[PDB]
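Each residue takes its place number in the sequence, starting with 1. Whatever order the structure lists them in is the order used to number ligands and atoms, beginning at 1. Side chains included, hydrogens not; waters and symmetry mates left out as well; all remaining heavy atoms used.
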Amino acid sequence: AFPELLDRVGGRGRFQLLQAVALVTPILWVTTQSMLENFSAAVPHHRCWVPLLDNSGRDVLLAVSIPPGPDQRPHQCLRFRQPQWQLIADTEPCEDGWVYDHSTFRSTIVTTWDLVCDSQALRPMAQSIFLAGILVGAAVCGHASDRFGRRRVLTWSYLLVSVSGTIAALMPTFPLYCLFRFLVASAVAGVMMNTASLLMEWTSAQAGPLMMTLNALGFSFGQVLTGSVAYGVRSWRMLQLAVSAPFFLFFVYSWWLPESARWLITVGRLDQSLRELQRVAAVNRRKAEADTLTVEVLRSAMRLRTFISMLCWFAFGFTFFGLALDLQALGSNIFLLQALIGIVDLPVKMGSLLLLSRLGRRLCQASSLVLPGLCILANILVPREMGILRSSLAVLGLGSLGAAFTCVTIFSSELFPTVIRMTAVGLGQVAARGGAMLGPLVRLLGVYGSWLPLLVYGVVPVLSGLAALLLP
Ligand SMILES: O=C(O)CSc1nnc(Br)n1-c1ccc(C2CC2)c2ccccc12
């Protein structure tokens, strides 16, 4: 009887739009917390400290103390025991600290904790930890909202994000920074899950698509904000503070939004449900049918396809969250990137969807994985002088993976007995959040050659997409 009550109280109108506006400004700043590791953990050019240079012909002094490296650069991990003045065999690891290049970034976490050379694996692990935190928090919060309400959990998760972010920028050692970020990730996962549930709960008939696409396009405008606030704030201790502070301001105003009116009925909190419904009626201005509500009415109210879908989400997480958290290897000008991604994404997603869906439902699913995977794979062959070509195939490569998110959120999930779709979209997101933890771990394989990470990162989407043609 709840849909009839919702029709009696509103639908579309004013409040159902104010609520949407009030819970999407925070989803731009959840994508400034996830992809900040391209600007707060960026490896600059690091050389070895020398007593000759850098105080107790600059070019000759640099050439005599540091042996030449393989990639046409001074060595980043070794120095000469004694100035080899024979240069008009014996090398010792750096023992006086590195010297970094401060020309685009002032202080990253790499600069402050020396996560270079031998201690290199720790950098692709500080992201897998965060994704594991998101995975854990998206599973714990599921069993903590059906008993504590759907609005209180969001309000407290805002405060948790704010406090954990404001604390994580003031730690003196790596292990604690790898734990407070875990807490931030769990709270962020809770925020996203509850925002989606609240967005759908209050809306009927006009929500099947529109509502769950508004969360996914808040991410695309969020990237453009990461680029901008990093063009501006350049340090790393003043970036986490500036990103985590707005969540406290969101927490204060989050005390006025009404709670879900469908959860209040199944628990017996009829009186407050009535208060919430009448309050919503006044904002919606449809104060004509609301006189009907007199407690009693609310008292009466109180396999192959499945496997194909999971593989598709796994491939989005593995490839996107591994190749996008190192946009320093897909080209240059990191600030210009992370902003063209969303601007490409929205026109690309809309235009690709409109044209391809007319071919068929399976064709759109197939062409949204093989195309970006092949675009990424065809990036190795390009020589490192057509930057427009190497960067363009990267921008368009990563942007087109963002249309797989949409073409498997609404257009798909019908490939089942078709009762209701909130059965398997949930199980799909478990895979995508678990392929992201098994994500940047592939980037640990930069040794044994450097082409292999990109090769795997392009092959996996291609095989996953080509397996979708085997539906029967
Ligand atoms: O929880 C989920 O949404 C399922 S996978 C996941 N886990 N953490 C995050 Br953030 N994401 C994310 C899932 C999907 C997107 C699509 C391209 C627009 C994201 C874009 C930017 C940052 C994170 C994203």
**Student:** What drug or investigational compound is present at ligand 1?
**Tutor:**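 It is the drug lesinurad.
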**Student:** Which macromolecule does lesinurad (ligand 1) make the most contacts with, named the way UniProt names it?
**Tutor:**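 The main partner is Solute carrier family 22 member 12.
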**Student:** Which transmembrane segments of chain A does lesinurad (ligand 1) approach to under 4.0 Å, counting heavy atoms and using UniProt's N-terminal numbering?
**Tutor:**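 UniProt segments with a heavy atom under 4.0 Å: 1, 2, 4, 5, 7, 10, 11.
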**Student:** Would you mind checking whether the entry has lesinurad (ligand 1) attached by a covalent bond, and to what residue and atom?
**Tutor:**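 There is no covalent bond to a chain.
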**Student:** Identify the organism of origin of chain A according to the PDB entry.
**Tutor:**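 The entry records the organism as Rattus norvegicus.
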